[PDB]
A.B. asks: 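Complex under discussion: eculizumab bound to Complement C5.
Chains: lettered A, B, ... by order of sequence lines. We number chain A the same way the PDB entry does; the residues here are 1-213, in that order. We number chain B the way the PDB entry does; in order, the residues shown are 248-395. All chain C residue numbers match the PDB entry; in order, they span 741-1387, 1397-1516, 1523-1676. Residue numbering for chain D follows the PDB entry; the residues present correspond to positions 1-221, in that order. Computation of the quantities below employed the complete heavy-atom set of this structure, encompassing side-chain atoms and omitting hydrogens, waters and symmetry-equivalent molecules. Method on record in the header is X-ray crystallography, 4.2 Å. The structure has been trimmed to a portion of the entry, and contacts are counted only among what remains.
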Amino acid sequence: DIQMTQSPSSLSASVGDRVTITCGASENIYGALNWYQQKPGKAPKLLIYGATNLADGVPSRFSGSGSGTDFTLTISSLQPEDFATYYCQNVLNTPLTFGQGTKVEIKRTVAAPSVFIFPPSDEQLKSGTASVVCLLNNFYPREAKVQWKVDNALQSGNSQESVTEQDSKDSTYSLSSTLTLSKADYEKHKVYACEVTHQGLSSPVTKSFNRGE
Amino acid sequence: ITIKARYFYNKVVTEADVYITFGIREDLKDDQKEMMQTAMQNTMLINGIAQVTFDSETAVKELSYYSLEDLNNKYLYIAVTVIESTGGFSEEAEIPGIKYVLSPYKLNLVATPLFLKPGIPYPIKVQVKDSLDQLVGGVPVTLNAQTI
Amino acid sequence: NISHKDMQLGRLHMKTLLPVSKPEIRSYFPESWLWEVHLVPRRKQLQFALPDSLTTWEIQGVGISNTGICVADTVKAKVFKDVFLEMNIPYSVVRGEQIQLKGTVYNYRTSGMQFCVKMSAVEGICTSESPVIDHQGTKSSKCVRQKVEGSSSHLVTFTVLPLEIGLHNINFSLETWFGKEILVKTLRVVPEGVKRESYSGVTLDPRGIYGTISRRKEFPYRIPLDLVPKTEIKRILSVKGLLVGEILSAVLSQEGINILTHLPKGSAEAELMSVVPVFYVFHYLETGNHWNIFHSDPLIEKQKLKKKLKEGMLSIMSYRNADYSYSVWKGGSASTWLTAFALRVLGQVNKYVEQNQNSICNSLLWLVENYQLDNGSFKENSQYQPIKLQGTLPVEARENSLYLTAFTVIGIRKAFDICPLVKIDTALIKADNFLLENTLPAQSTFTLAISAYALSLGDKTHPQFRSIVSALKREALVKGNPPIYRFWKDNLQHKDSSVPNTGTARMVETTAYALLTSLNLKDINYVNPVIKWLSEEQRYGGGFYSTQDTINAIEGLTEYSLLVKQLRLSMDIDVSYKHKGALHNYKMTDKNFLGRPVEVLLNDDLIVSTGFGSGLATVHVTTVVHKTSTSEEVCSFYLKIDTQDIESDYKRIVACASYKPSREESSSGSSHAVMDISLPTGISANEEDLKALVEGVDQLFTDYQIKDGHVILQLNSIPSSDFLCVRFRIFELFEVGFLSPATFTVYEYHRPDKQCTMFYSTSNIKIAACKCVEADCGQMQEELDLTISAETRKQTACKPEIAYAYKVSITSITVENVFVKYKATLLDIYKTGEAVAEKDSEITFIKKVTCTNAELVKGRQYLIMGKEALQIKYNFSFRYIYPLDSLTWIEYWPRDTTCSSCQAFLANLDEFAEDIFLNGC
Amino acid sequence: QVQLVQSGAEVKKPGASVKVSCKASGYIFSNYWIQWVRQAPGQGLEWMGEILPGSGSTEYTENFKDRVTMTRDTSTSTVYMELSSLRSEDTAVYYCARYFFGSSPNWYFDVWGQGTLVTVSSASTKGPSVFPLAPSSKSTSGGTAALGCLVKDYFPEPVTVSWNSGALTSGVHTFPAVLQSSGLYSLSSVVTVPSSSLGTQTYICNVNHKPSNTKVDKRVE
Ligand SMILES: *[C@@H]1O[C@H](CO)[C@@H](O[C@@H]2O[C@H](CO)[C@@H](O[C@@H]3O[C@H](CO)[C@@H](O)[C@H](O)[C@@H]3O)[C@H](O)[C@H]2NC(C)=O)[C@H](O)[C@H]1NC(C)=O
């Protein structure tokens, strides 16, 4: 029937920047659109309704433009309360729909990633599971390149990564990689090397661990 | 055949049992007609709509005159009666007639008097209409003739 | 052995080919508009607004000129609304009934849509909620938002309940995202109990030309004993300037000609009566040459009233059969009686409007040669019995044949000049002789009077006729010396002197035929008391009790006004209340005597006074009231009615009656009779069941109709032997609660004076009762003792709202029409209000039966403090009644027993008792 | 006033129907619709359905049609939710909200619930194993060295981890977990110190798993 899409997925915003987020629908809803934001792990609060009007307890820093099948949202200056995920909705036709979400890029900067290497332990190899852990700390933007070297073997699909959200101190991300292998395939090799390639890092940094010394 | 039972304006009837009957009629001003012993039955109208199909050959020939051309310029009378399953309300409706027409086309002479003049070429201007009394062009036309 | 499949298939097979078909149409198209004709000089414009209908209006046009005729291209205009809201409101609802109103919201929109509907609470209706929010700036009823699909229709209901009588305004708000739309609707709230009308007339002749001078009359304010609480009395006053002025006003003052009675229109008789007022008005206008009354063009009104006349005459043609015989009901067996009556109608109308002579001749021939006996008496064809006559079976059949013969003689005599004929004259001599020599053995004054008039329209020189005249003159009844009033009754064994002073349809009929006989014999000194009686016996609508009496009575009045020359009308009239102030004063002349009927607004004894003047002024006051009981009335019929349940399955209703003849009457049963069943609020009936009880050879009733939520049937006769029952299914239209009982009435058509009325209902149990169910009705404190202390009872007792505080004992408990009447005897007085409460008198209390909070125990002593002391006047005495509110105090009183808690309770109670008996406050 | 109570975290098998309810308090219960919505983790949210208390009127999304059941109780002013034949990928965070229909073109989602985290049962319940991650001698260049502990093969979530029982509140980072192929998670918790402070000091990594009732201590050297 009627449904809408939200754009963009993300945008870079400085603390004092000016940003815009839009969405658009199947059929013209006239003035039927609503905007709201959600802080992580919490219930979202209503911000704009009717695509124009401001809710009570909602500051004037939030502006929006509401006519037709296409709808826009305008923030002139970001605030510490403005870092969250955002969503747009239509209230008109019987099947209420929603948008695909918006991520906020908190800081304008280019950071330098940290590369650490963590081999398994003595208590870890007693159950038959060896996990090779590669660590990246405090970089930006969120996208990073983590490449595995076990004696000329790049193992992808038997390793599982994880991404941590921004550390509010410096407003930059962190990432980990847990390579889960057995203890039978862990002893076939010797030299372990993890390679990290980043946007703010020209030379990919490789950290190694030696077996048999 | 599609039948629609509704209440007021757009309000549809929910549950209905519908019974339909047919007959062969000579003309539209005759208050009697030849009814047909075998008629469709017990079709439940759901959401204000019911549909049936009627075989003229099957429902006529064994009961009555058995050739498709024998019904020409003779109409088909339809009688529908609808009962409401929930409330027991019963109502009737009918179509007085539907004309059986052999050929979809009907012909008539135009601008061609019926008197021929000796030695002059005789024009014959023929006109082709449909069952709606509307002109239909591009129709092939064959003229056979005999002179005495 | 068949299930329900073939059961309906059978009736579906037999619906067709047994009958040919029936004429009728399932759709209705109202009066067309834009019928005007105009002269257009190449340009014109006419602006107006469309009606509200969802319709494709095809507007087409035609025009002509010296060139010729031209068909304008048909213009297509379709009135349509994509979002439209329909609202179903019932005809009438009685206060106290919890009633949901259902309504349908429709949408033609391409796709689905969601909406809201707001109820506007008007100040006299509890919404079970009272949703109106005045807390914030803009007040609203809130809403329940509901959805509907595209091109769909959804139902929405609202549950409510009335308080005030006749609160006519409720608004409905339809709100979509596009905006709002307003629908205003009206609610009829009607009083409970039953309607009853009391008629008080008076005639004004300050000169006393006609045998008495009357300059004044007093109609008091009389409150009925059983009158419904919180219901005021209705009074209507009509002042007209001639004996027939009220009839003329009935025709002219109200543009549409109103039915003079509330009798049903089913019979061919009732269709014949519809032309009577127009006819007699026309007679007085043309014969006396009184047309000068119109300030507008007189001749235009002559053509208009003439046209109304002809239309009213052709009104009854539908009941004429193929032989020009007139049947009492459509398609039924024709009756000599009604055919003769219609022959009288057309016979009188043929003077000013020429009817078909051939049809008249054929009709006369049909009744004359078709049904007549060898002695000249006439035999009735159909099973229709016009009236019930006194005497046993031989006397009743003889008297009945006499009445029929006199009736048909009247008819044929009235119409004879249109088709004078040898044969019909011969039969006229036959029946005239039969009347002459078989009437003198008189039995009832009814038959003697009708025969006297029938023979009065014939040869007037017969000595036997003058003997019947002398006997009927012997049977006269007179009020006052010298004669003031004169009239007649049924005098057989009734020759004792009794005048209940109650107008009887039969009585008015008898005295009417007597009067007409006098007018044709032209004895004037004998007449004036009679017209004095009938002119004051008339109603506001110009009609009398029944049809048969009203026709002959009106003809008598009119011919009287046309014989004795009317006097110039000059009067200064004023009406005023006795103790209260003065009301509108009528200064009445020959120009405006037709002035508005005025309803008496105030409740007071009414008095009408007139100055010195000439003429004859009719003043009639009719009084509409409601009351809660039939126990006072005179019931002529065994009545029983109840509701069953069947095995889809529905609810069933069955009513039953039997005739209770008087000692003079025989066991042969009743005459033409009518059964009215009032349907309770929000429940209809099955048309098909009645239509089956009517339309076939086994018909148990001659005609049925449903009028304003009333199921009315007509029947030839009601047997005195056993009960007869009508039975039909019923439908619940919407959920109702605490519904009030309705009326079931049965009466004779030609004499409604014999009737019986009854209350009935579907069924009753307790509802739960939570939201606004009890409206300010009652509260009762708990048994034994509470934290309640005697000095708090001093606060509430001496409260200025509370007039009286005393304890009494229960005497009797009576249930009358949803209202509870408690008889109680007083025990100990503390402080009394404006009403005097004597020791141990039997007083009364009222209760609304829908309140399960406060209830009373048989014979147990209670402490009561009432706020209000109510009074009622009988004009010889004033009786007190005590209302029971939710602000009134009720506490249980134990007797002397020692329960663990009893001592302290009697201590608190006696403490308060002597505290207030000290006149402490 | 406006109060909406949300149910507790439920864990049920892949295809066993799960129940979550919402309580309404402070307003007129049957006069306003109640909406149910689902957020799949880390991505957009999907509108699920609505219900009219006291009219019982329901409508659902056709994707989840015949997976969903809404019921109403006016006694406790509560609305119940049941999901049958769901699976592991359905499990997500679910919320209730109140639809406020304004008397003008103002239509809100007004008051919201606290949310219910619903999770699928994988290998029922299992306790965490905590394996050290030690630094090296030659891999730390001059200013920086990292040391930590790994919590692996546990179920269900969450796992609350501390350092010296809350003595390090700054400079300590911990990574959210990731699902293995056995129905278990791997999460890492580390701290960064200079090479000299790493050499001599005692850092004890405390691992507290409440749902599985387990604590594991780690000596990092
Ligand atoms: C239901 O709808 C009716 C529609 O008639 C509305 O009634 C409105 O009531 C107001 C009362 O203030 C009326 O205004 C008054 O007008 C008189 C002059 O006629 C003025 O003297 C007063 O001071 C006052 O201004 C108004 O005319 C009337 N009709 C409208 C607005 O169309 C109202 O919306 C609803 N009423 C009820 C009783 O539910």
A.B. asks: Enumerate the ligands or chains that make up eculizumab.
C.D. replies: chains A and D
A.B. asks: Can you give me the letters of other chains with a heavy atom under 4.5 Å from eculizumab?
C.D. replies: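 Other chains in heavy-atom contact: C.
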A.B. asks: State the chain among those of eculizumab that has the most heavy-atom pairs within 4.5 Å of chain C.
C.D. replies: chain D
A.B. asks: What source organism is recorded in the PDB entry for chain C?
C.D. replies: Homo sapiens
A.B. asks: How does the deposit identify chain D by name?
C.D. replies: Eculizumab heavy chain (variable domain)
